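First up is the structure itself, then whatever we jot down about it.
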Amino acid sequence: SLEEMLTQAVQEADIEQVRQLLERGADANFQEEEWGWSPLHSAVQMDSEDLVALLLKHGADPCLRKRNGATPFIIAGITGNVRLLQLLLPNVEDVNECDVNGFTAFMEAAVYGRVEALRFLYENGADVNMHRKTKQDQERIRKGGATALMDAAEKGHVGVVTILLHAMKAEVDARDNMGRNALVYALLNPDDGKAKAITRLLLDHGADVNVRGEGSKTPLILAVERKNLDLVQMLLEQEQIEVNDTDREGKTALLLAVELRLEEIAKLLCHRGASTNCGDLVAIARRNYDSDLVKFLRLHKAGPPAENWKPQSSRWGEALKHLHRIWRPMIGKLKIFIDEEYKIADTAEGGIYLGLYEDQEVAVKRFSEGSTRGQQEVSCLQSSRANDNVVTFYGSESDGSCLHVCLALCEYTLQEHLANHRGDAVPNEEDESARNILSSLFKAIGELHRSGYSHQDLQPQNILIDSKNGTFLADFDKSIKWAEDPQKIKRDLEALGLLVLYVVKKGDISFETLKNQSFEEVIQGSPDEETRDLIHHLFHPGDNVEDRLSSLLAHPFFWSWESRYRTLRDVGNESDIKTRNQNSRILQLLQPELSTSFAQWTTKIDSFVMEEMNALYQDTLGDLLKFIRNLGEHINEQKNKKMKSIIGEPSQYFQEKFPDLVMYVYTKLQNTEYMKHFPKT
Amino acid sequence: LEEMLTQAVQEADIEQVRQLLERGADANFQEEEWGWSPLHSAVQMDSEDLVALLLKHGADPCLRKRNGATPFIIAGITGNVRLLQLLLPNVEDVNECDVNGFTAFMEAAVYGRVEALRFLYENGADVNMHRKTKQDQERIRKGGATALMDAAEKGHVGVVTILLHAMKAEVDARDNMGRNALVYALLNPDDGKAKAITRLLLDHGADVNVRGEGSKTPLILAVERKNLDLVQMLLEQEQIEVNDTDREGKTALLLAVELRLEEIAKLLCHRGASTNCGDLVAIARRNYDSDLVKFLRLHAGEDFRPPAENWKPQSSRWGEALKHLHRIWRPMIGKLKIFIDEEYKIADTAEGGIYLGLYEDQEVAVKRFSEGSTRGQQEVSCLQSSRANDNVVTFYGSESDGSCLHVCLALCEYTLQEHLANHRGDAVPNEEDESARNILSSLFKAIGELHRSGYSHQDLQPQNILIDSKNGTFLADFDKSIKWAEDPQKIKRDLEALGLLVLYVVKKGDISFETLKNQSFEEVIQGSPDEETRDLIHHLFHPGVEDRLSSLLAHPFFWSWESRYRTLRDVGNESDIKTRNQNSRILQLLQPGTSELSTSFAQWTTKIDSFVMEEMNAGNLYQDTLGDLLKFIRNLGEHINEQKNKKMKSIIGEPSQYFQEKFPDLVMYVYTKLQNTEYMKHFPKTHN
Ligand SMILES: Cc1[nH]c(/C=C2\C(=O)Nc3ccc(F)cc32)c(C)c1C(=O)NCCN1CCCC1
Ligand SMILES: Cc1[nH]c(/C=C2\C(=O)Nc3ccc(F)cc32)c(C)c1C(=O)NCCN1CCCC1
């Protein structure tokens, strides 16, 4: 708290207080730990020589380095007051001392366009053609190696560039580690005037014009993309320039000029040997409605690639092949055309259209760029990237006024998918597919809740099936961060219960019908007790922060018919069931209501089968599980083949005859030691 | 073959056009892709001669192509007015539209065709008409723009002042988004043309507190453009609100300070801009903007609080560093926030290293390459084709600056190597290793799906495998990957590295990976602790030939110990095993020939404790056949827990572990004998 007010005093520029505290013993080489700023560093930055003098009076080191390795000498280059540089030079071991990224005081004078300061340092031994030596991580990615001229050229300081080349013997064709010269730095400056002057200077000194910058672009290409005919003329004056150089994308300087609607620039390029075998220029000019340029390319005319690209979607394959072939302007990384041929579906605002994002096929959901709906969709999607059962999110792109959200393209909606597979199974077979779809949804919605989000509009058109029969949740425009109202999670759970019934009924019942039913009507329409119990627990959940849904994945609804039969057999093999030990812990657990279908169960079984098993079966639950265990073990023997014919497949037998059995046993043993007999879930 | 009907019109030789008309050829024929008529194409090329010849052979001048454009409206762009006068006698309405709402008048406004614009004006063209578009694009508030808005955007100064002063153009007409011509004007790259147009629109009363994209006002747009002049012209209005904010919450002054523009900052303060929209002095100080810091100091951020840190990381290993990176100030590289400093460094690479980052405010790992790097290009190519692969590290995106490719990936806790070290103590010496199975089955799926996607990894090792906070395994690092279609045989080296990884993970990391790569295939197999592992690794070193991986997920290596025991019990309960019917199909599968020699279960009745062997005896005596051992296992399984057999239960312990240790080859033997038979039914259900 003493050095603290020394620091505070220097920023307010209260000079007496600075003297007082140095007299009082305040450390002038105190470095704040976040970024390493010294009071001498901060003094040079604010340009107050009075403060620079008083601190130096009290032994403050002028080559003390902050986090980036900069000394208050190097910071003086940035300030560009020469009398500060005078005051510190007597103490500085090397005038070419650099920071961790290789910046010297002379470079910093070049960067900040400090003419008076760069002269001073020039006379005092500064290296003019110094390249920046940086840390090893940065050099292995070929960063660094820039020079004072490149910095001056990029920031457009014409004053500084002139002096460097003429007065200071600056190398014009010095390169950085990536291979760039000052010419390419010069051509990236937004101001046309300053760019024009600097390129002229650099050219006359012998700056190479066949060099490669970002995107493998040449100087000429950069000048064309800038739309500046002047810089094109200057670079065309050199004859050893390669006019038919191509960037990373395979585009040539002429091609871009035609594409960019630049008549003057196009003609001038042709009249300097630019080949017209780079692309179909007249189609491009025709598309741009430049009649005059079409004529020119035609009057100069004397007399296409191969289409590699293949879509992975088979439903959308032919339309994507078309969209890939046509020309469209890019919206960032997105290629899209708003036409019914490329439309997937209709929405509350904008529609779903096929698109290409980074040349990958996607579904593009459109919103107005201001839309609250568009904001919640993107916010929820960007938190869901680890949720395997949520549709993959590529990215969002905006133009003037439309937010495009790009998503993984799926084959079918849940509804369509159920329709296509509706004739696959015979009427009364076990429905594995309903389990897979629903367990996927439970995980999807459960993970979304752990993410802090609730969907708020779960229905079969928001659920998509990919080429490999995976189920994915989509459409988060009405989603909410559920901490805002934790009780609206129940709406997700209710829609899940309707989706349970919807999928179990193979889509024969519409979702609209099901939403118009009451809870009791939904339970009645359920074909079995497992489904009934599950839907019940979704409408009457417990209380959980996205733990609830994963728990219900252990519910016997998601147990196969073999696993259900296996659990009843395993329970019926407990010692105390076979010995009918009625004080036992197991039988006390199955102790007890509403007349179950297995009360008086020995009467409901075929009398031949009942007779032969007896080799004393009472109407207890314990005795029925023993019955199931025994039959399970001996059903396949030669001795029992008539029994086997009457029973058929045993799992289905007991379940049809006693529909509440599995659920009853599950409820009695669910939080007990005998849970171990349940299938692994 | 009549493809000259329109090849002739584009070559503009009229000799072949007139003669083509009387040679079995139509004039209103529309090519199906875009709908271009020869009359459409004639007007676009500005040929008075071709439009004349075709129209005196009946060609309809209100014929539409795909966007609903007529040859009339497309005359609006070309601007030639005597083609407009040749076609007007044949057109019902001069305000006719294309599907996007565009008139012949606005296309004249867009292309700055002054002489064409006034022709249409005095022929009744509506100057204040807004575009009526398709219902899709109106529901996202697109369309509704004016001829003035088009003139303003394209910078045509001539056209703007004629519209305002000759043609009674509404200056504050809005589009469906809520924009006026002022905001269209300020998006124009040319400073001069922008200056002139803004002046005109301002003097006629164009609202200056409008909102465009991003909820930016005209003033904010002028500051972001770095143009002092447009700023002064805007603040000449007194009704303007200088403290209007954008959607990001920032105001015109704050941006000016952030952007290093003391000119514009000072002028803004001198016109009522509040100085508590941000800590301006800290911002100017960080920009080394000495004179600006002095200025703001004389007046600044005394009454301003920066929002309290309402952001929490999900990673616990990297939590502390991400909290710091969220707090500090950094410039954005597109959607990426990163700082290259050792505090935020995750690992070293051969190019650039791995650093913590924030991408769309999500924590990520940022792998850096040279923007030219071939290895950087293969990494993103393979990542972009793996977005559906659940067991590949999630790919957020790539960002480039001047000269560095940043690849942003899901942040994981630990490397496979680190993870096996931390959990080395978790299992008891002789208990089942579930974790080895989960890790390996995830890798099998990962590499399998990567192959279906057309890629091979080519450098599988434990440093390229990451574990997340929920113990899920993810494959990463595809800088050396290849499209295997060029050379389909090189996926075998992925399957070899998988073989090594199997042994590596089963040994809980105690044998190094370098050791294992220096071993031969036979040495690796002999180092395996059980026959399941041995068999699996064998099938990875000798695979082929393609989707071996998916099939191997059914291998008994991935069967739990309960399931292994369950299938031995279920095979042992077959009728023909209990009756010892040796002619049966099952026992002909199991124990055919002269005998079952050279296996730990030859004379198996001798290897079992004599108490338990005795008490199991109720022919009629367990023989040294495999059939009788599975019967043995079935019988014990059913009665082991009964009160009468408590002592047997204590000698045996957990029965699955018992039989596997005393007969290590048993499970694999039964598997091999029954694997493509009907008795496959007894195997556990595996992955679909
Ligand atoms: C309402 C609907 N949504 C979708 C699809 C998506 C949807 O709503 N969101 C999506 C996000 C990504 C993606 F790949 C697809 C969708 C479809 C294909 C449909 C649909 O079914 N469209 C009409 C064709 N069928 C359904 C009724 C009879 C006609
Ligand atoms: C070699 C290595 N790679 C990583 C991490 C990743 C890695 O190599 N690739 C990744 C991609 C995504 C991601 F989230 C993480 C990585 C770490 C943390 C390490 C590591 O172990 N760093 C500390 C080095 N210490 C640990 C043992 C002695 C060296």
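Here is how names work: the chains are called A, B, and so on, in the same order as the sequence lines, proteins then strands, and each is numbered from 1. The way this entry was determined, per its header, is X-ray crystallography, 2.6 Å. Reckoned from all heavy atoms, side chains included, excluding hydrogens, waters and symmetry mates. For ligands, and for the atoms within them, numbers begin at 1 and follow the listed sequence.
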Of toceranib, ziprasidone, sonepiprazole, which one sits at ligand 2? toceranib
Could you peek at this structure and say which chain has the most contacts with toceranib (ligand 2)? A name from the PDB entry would do. Ribonuclease L
Looking at toceranib (ligand 2), which other chains have a heavy atom under 4.0 Å from it, would you say? B
For toceranib (ligand 2), which atoms sit closer than 4.0 Å to a heavy atom of B:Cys412? 14 (F)
Give the single entry among B:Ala365, B:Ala476, B:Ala347 that approaches atom 19 (C) of toceranib (ligand 2) most closely by any heavy atom. B:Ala347
Heavy-atom proximity to atom 18 (C) of toceranib (ligand 2), best of B:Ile346, B:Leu416, B:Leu409: B:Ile346
Less than 4.0 Å from atom 29 (C) of toceranib (ligand 2), is there any heavy atom belonging to the protein? no
Check for me whether B:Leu411 has a heavy atom closer than 4.0 Å to any atom of toceranib (ligand 2). yes
Given B:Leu466, B:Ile465, B:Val366, which one has a non-hydrogen atom that is nearest to atom 16 (C) of toceranib (ligand 2)? B:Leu466
Quick one: nearest non-hydrogen protein atom to atom 7 (C) of toceranib (ligand 2), plus distance? B:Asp477 OD2, 4.0 Å
Heavy-atom pairs closer than 4.0 Å: do any link toceranib (ligand 2) to the side chain of B:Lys367, the backbone, both, or neither? neither
Just need the protein heavy atom nearest to atom 21 (O) of toceranib (ligand 2), so name the residue and atom and give the distance. B:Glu418 OE2, 2.9 Å
